[PDB]
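Entry overview - Protease with amprenavir in place.
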2 protein chains.
Amino acid sequence: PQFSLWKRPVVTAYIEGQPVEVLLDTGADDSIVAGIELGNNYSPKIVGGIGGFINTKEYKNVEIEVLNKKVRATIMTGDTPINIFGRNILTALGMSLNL
Amino acid sequence: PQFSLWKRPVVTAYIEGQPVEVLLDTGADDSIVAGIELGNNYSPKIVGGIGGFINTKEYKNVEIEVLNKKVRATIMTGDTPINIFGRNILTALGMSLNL
Ligand SMILES: CC(C)CN(C[C@@H](O)[C@H](Cc1ccccc1)NC(=O)O[C@H]1CCOC1)S(=O)(=O)c1ccc(N)cc1
Ligand SMILES: [Cl-]
Ligand SMILES: [Cl-]
Ligand SMILES: [Cl-]
Ligand SMILES: [Cl-]
Ligand SMILES: [Cl-]
Ligand SMILES: [Cl-]
Ligand SMILES: [Cl-]
Ligand SMILES: [Cl-]
Ligand code: NA
Ligand SMILES: [Zn+2]
Ligand SMILES: [Zn+2]
Ligand SMILES: [Zn+2]
Ligand SMILES: [Zn+2]
Ligand SMILES: [Zn+2]
Ligand SMILES: [Zn+2]
């Protein structure tokens with residue numbers, strides 16, 4: 001798998017078996033997805049980026065399948081406009097950014 | 001150059017001679033830098049991030065020096081909390097995401 005970055009590197013992931021399109025993002029430390037409910041056992045966190053801050057819910061040991069691999073990783077849920085898989089998941093997948 | 005993503009893929013660069021710390025961000029379409037002054041030859045643009053929208057000043061054909069390369073690229077200046085080189089510069093440098 002190689003993403004040449006001429007388009008957004010976006011793929012299909014399954015989170016707790018629910019399909020979501022996600023952006024593979026080296027500029028994000030963590031991962032954030034909208035439109036899925038992961039339940040009542042979370043820790044509330046605030047994240048900031050361009051345009052401001054949002055409230056998130058942090059969930060640990062969540063089942064994720066992406067790029068033909070299955071991993072358990074930390075996921076935040078929140079009103080993000082796009083679903084982001086940040087470096088915590090990219091490293092669990094063994095991905096690298098190369099020049 | 002390989003970035004293994006266990007730490008942020010941050011480097012230093014020069015933008016028309018001005019030193020900056022920048023994050024290599026596959027999740028950004030554009031490149032946005034705060035604080036530097038590129039002058040009055042710009043067009044306003046509107047950029048959307050995780051928290052909403054900001055106005056930016058768009059400068060074309062800007063010289064930038066990064067990773068021992070010299071390219072000319074479009075830079076936007078505006079209120080980002082982290083300077084980011086997005087896919088317009090990553091593709092100019094020939095970078096890719098690999099698994
Ligand atoms: C801005 C960086 C430093 C951090 N952001 C990641 C970036 O890749 C961010 C991802 C994104 C793309 C499109 C819309 C909304 C978000 N791209 C981004 O804003 O693109 C803009 C600026 C130029 O072109 C368009 S983040 O989303 O705020 C963020 C922060 C913390 C966590 N844990 C996760 C995400
Ligand atoms: Cl290389
Ligand atoms: Cl690393
Ligand atoms: Cl490291
Ligand atoms: Cl390292
Ligand atoms: Cl210089
Ligand atoms: Cl854009
Ligand atoms: Cl615009
Ligand atoms: Cl934009
Ligand atoms: Na609980
Ligand atoms: Zn499956
Ligand atoms: Zn909303
Ligand atoms: Zn490292
Ligand atoms: Zn120079
Ligand atoms: Zn730093
Ligand atoms: Zn844009």
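Chain letters run A, B, ... following the sequence lines, proteins first and then strands; every chain starts at 1. All ligand and atom numbering here is 1-based and tracks the order in the structure. What's counted below: heavy atoms across the whole structure, side chains too, no hydrogens, waters or symmetry copies.
Within the model, the positions assigned to amprenavir, copies included, correspond to ligand 1. Chains touching amprenavir with a heavy atom below 4.0 Å, listed by letter, come to A, B. Among all non-hydrogen protein atoms, the one lying nearest atom 20 (O) of amprenavir is B:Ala28 CA, 3.5 Å. Nearest protein heavy-atom contact of atom 32 (C) of amprenavir is A:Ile32 CD1, 3.7 Å.
Among protein heavy atoms, the minimum distance from atom 12 (C) of amprenavir is reached at B:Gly27 O, 3.3 Å. The shortest contact between atom 21 (C) of amprenavir and any protein heavy atom is with B:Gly48 O, 3.5 Å. Ligand-side atoms of amprenavir in range of A:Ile82: 11 (C), 12 (C), 13 (C), 14 (C), 15 (C), 16 (C), range being under 4.0 angstrom from any heavy atom. Among protein heavy atoms, atom 19 (O) of amprenavir sits closest to B:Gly49 CA, 3.7 Å. Per the entry, the species of origin for chain B is Human immunodeficiency virus 2. Near A:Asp30, with a cut-off below 4.0 Å to any heavy atom, the atoms of amprenavir are 33 (N), 34 (C). Considering only non-hydrogen protein atoms, atom 22 (C) of amprenavir sits nearest to A:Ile50 CD1, 3.4 Å. Counting heavy atoms under 4.0 Å from amprenavir, residue B:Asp25 touches it through the side chain alone. Contact atoms of amprenavir toward B:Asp29: 24 (O), 25 (C) (distance under 4.0 Å to a heavy atom of the residue).
Which parts of amprenavir touch B:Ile84 is read off a 4.0 Å heavy-atom cut-off, strictly below it: atoms 22 (C), 23 (C).
Heavy atoms within 4.0 Å of amprenavir belong to A:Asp25, A:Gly27, A:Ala28, A:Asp30, A:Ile32, A:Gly48, A:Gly49, A:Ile50, A:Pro81, A:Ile82, A:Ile84, B:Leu23, B:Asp25, B:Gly27, B:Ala28, B:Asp29, B:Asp30, B:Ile32, B:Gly48, B:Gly49, B:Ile50, B:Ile82, B:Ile84.
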